[PDB]
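Below is one structure, written out as structure tokens; comments come after it.
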Amino acid sequence: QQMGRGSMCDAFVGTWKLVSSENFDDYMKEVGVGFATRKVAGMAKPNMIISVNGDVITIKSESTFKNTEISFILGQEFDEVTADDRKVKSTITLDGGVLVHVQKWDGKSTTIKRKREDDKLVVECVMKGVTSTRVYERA
Ligand SMILES: CC(C)Cc1ccc([C@H](C)C(=O)O)cc1
């Protein structure tokens, strides 16, 4: 085994904490999340842990609502059970410097984008015409 080199994806790696959220309840409504789940999920201030090991990216969300973990290879679709218990087919790619996560279920689709902006990790969640912006800071 030799030490691998880095990647552009290293800008995402680390431990992040949610510091702001806008329009998340409206995004969740558009997604189809029920009232009680929306209320509890909207209160959560997760930590998000992003790591890379070879071609495998792991995104771990630790919260008081749910914990989730996904591991994947860019461009390669996988099964995901979301925090609100949708069973989706997901593909994550890069669009420039943006991690683009598309989730498909029940004939619906939503896109989550993660991008570095200054010292922040900005998350855009889009369902149809509804966008929510969530901002993480280094933990
Ligand atoms: C709560 C439900 C809609 C699933 C869910 C949970 C977290 C997030 C964003 C990506 C984040 O990690 O802050 C989007 C969607």
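Residues: numbered from 1 along the sequence shown. Just follow the structure's listing: the first ligand is 1, and inside any ligand the first atom is 1. Just so it is clear, the values below take in all heavy atoms, side chains as well, and ignore hydrogens, waters and symmetry mates.
- For ligand 1, the recorded drug is ibuprofen.
- Bound to ibuprofen (ligand 1) with the most contacts here is the chain that the PDB entry lists as Fatty acid-binding protein, adipocyte.
- Measured by heavy atoms, ibuprofen (ligand 1) lies under 4.0 Å from these UniProt fatty acid-binding residues of chain A: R134, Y136.
- By the 4.0 Å heavy-atom criterion, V123 is counted among the residues contacting ibuprofen (ligand 1).
- Ibuprofen (ligand 1) has an N or O atom lying under 3.5 Å from an N or O atom of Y136, backbone or side chain.
- Within the structure, the closest approach of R134 to ibuprofen (ligand 1) falls below 4.0 Å when heavy atoms are considered.
- Among protein heavy atoms, atom 3 (C) of ibuprofen (ligand 1) sits closest to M28 CG, 3.7 Å.
- At a 4.0 Å cut-off, at least one heavy atom of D84 sits close enough to ibuprofen (ligand 1) to count as contact.
- The shortest N or O to N or O distance between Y27 and ibuprofen (ligand 1) is not under 3.5 Å.
- The heavy atom nearest to atom 15 (C) of ibuprofen (ligand 1), considering only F65, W16, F24, is found in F24.
- The binding-site residues for ibuprofen (ligand 1) (non-hydrogen atoms, 4.0 Å) are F24, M28, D84, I112, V123, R134, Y136.
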